[PDB]
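Structure of interest - contains plerixafor.
Chain identifiers are assigned alphabetically (A, B, ...) following the order of the sequence lines, protein sequences preceding nucleic acid strands; residue numbering begins at 1 within each chain. Read the numbers this way: they start at 1 and go in the same order the structure lists the ligands and their atoms. All heavy atoms count here, side chains included; hydrogens, waters and symmetry mates do not.
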Amino acid sequence: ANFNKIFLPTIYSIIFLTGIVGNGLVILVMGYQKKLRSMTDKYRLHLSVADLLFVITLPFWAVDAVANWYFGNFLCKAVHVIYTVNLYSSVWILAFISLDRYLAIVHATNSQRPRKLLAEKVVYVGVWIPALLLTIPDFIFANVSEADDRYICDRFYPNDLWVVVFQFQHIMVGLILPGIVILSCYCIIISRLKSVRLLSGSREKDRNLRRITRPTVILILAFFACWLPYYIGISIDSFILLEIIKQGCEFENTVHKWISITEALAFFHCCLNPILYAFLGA
Amino acid sequence: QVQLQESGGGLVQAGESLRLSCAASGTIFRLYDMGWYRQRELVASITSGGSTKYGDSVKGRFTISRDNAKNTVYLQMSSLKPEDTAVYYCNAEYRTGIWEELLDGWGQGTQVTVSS
Ligand SMILES: c1cc(CN2CCCNCCNCCCNCC2)ccc1CN1CCCNCCNCCCNCC1
Ligand SMILES: CC(C)CCC[C@@H](C)[C@H]1CC[C@H]2[C@@H]3CC=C4C[C@@H](O)CC[C@]4(C)[C@H]3CC[C@]12C
């Protein structure tokens, strides 16, 4: 396992440096230098905060993958809580961006009130509070074992049924619910774009709408393209748990390697907003 | 970009029938409005939905048409008058992409002369 032992820390450190640099730059610029333009920038600020939290918690995972875990049960619980909060916050702030764009484009006459309220007093309730509440199993279950040699910092459910239940609800919520909301919103938006001669009532409003809309499409596509293979891997694993999939013992180790490598590569979602700012900031 | 041309002009006797043409080809994502002008005197313009907006001086006089397959617009002329001897400019509104703004266009021009 030398290949994995050398591969994991390098990726966890590259992502860590890039996340610190990009997310710190974005947060400083849009929090103190006042470069915020519209509601999409507020949503991207919230995304940057969540990604900064996860990037801060990454080095502990790097050290854990290198040799061992010398940090403690409290730090194990903290890193698990931070990871879950970041995941559920980002995957749904994306859906809030999609809803904002749908309201802006489809109903362009009187969207100011349900475009201002939905971001000024509803984003917290819709994103952070369910994200905080979903971390109660992290408090209950996240622990540090004392197996031979190494110390393991993972979640130890009493029985495998809860393992499959938690995997299914994670997949369900964080891939399907924003997935369906984004599908509906962007299908309607794209159907509007290809048909309406002139959105709103002036050419400048039309071009502003298109220019604001496109980066969010690119961001959502990149996010889902990064996160999808990990979900495929854990879906195959869960179907291995339930007595459906059964092949030779080589399949188990192949799936373990696939899921580990793909999670390492899917942690790249934290570096998307700074990259899009770099691409579209000339 | 896109290319638009005009044709159908020449020396024609009064009271004859002809059909002007204006074909657009190239990086076309969608054509929205296509019309003929004569400043900018709106004499005919057919939307993609067929809701034509004829001019006041040609009310009940000119007939317009459009072939979405060939991206062409046809102007059916009939009952020529000496006051109608002018040069017509093909005008069209197009778009080069989903995220691109509305781009206007113009044609080279066609001259129609009435014998006298
Ligand atoms: C998840 C699920 C799995 C699949 N299985 C698990 C048990 C069910 N499967 C039994 C039956 N399946 C037969 C083959 C199973 N092979 C894989 C085991 C493998 C890997 C992961 C992801 N991380 C990997 C650890 C390193 N991540 C660092 C950051 N992590 C932060 C928190 C996430 N911590 C979870 C663990
Ligand atoms: C439902 C779950 C399983 C998957 C969700 C994936 C969604 C969010 C992703 C995956 C593929 C994506 C689409 C891929 C291609 C296009 C065509 C482009 O011109 C506009 C964006 C659009 C329409 C994307 C919108 C977002 C999209 C539908």
- What are all the ligands or chains assigned to plerixafor? ligand 1
- Task: Give the name from UniProt for the chain that makes the most contacts with plerixafor (ligand 1).
- Result: C-X-C chemokine receptor type 4
- Message: Would you mind telling me which other chains place a heavy atom less than 4.0 Å from plerixafor (ligand 1)?
- Response: A
- Heavy atoms under 4.0 Å from plerixafor (ligand 1): which residues of other chains qualify? A:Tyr12, A:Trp61, A:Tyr83, A:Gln167, A:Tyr230, A:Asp237, A:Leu241, A:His256, A:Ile259, A:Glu263, A:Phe267
- UniProt-numbered TM segments of chain A near plerixafor (ligand 1) (heavy atom under 4.0 Å): 1, 2, 3, 5, 6, 7
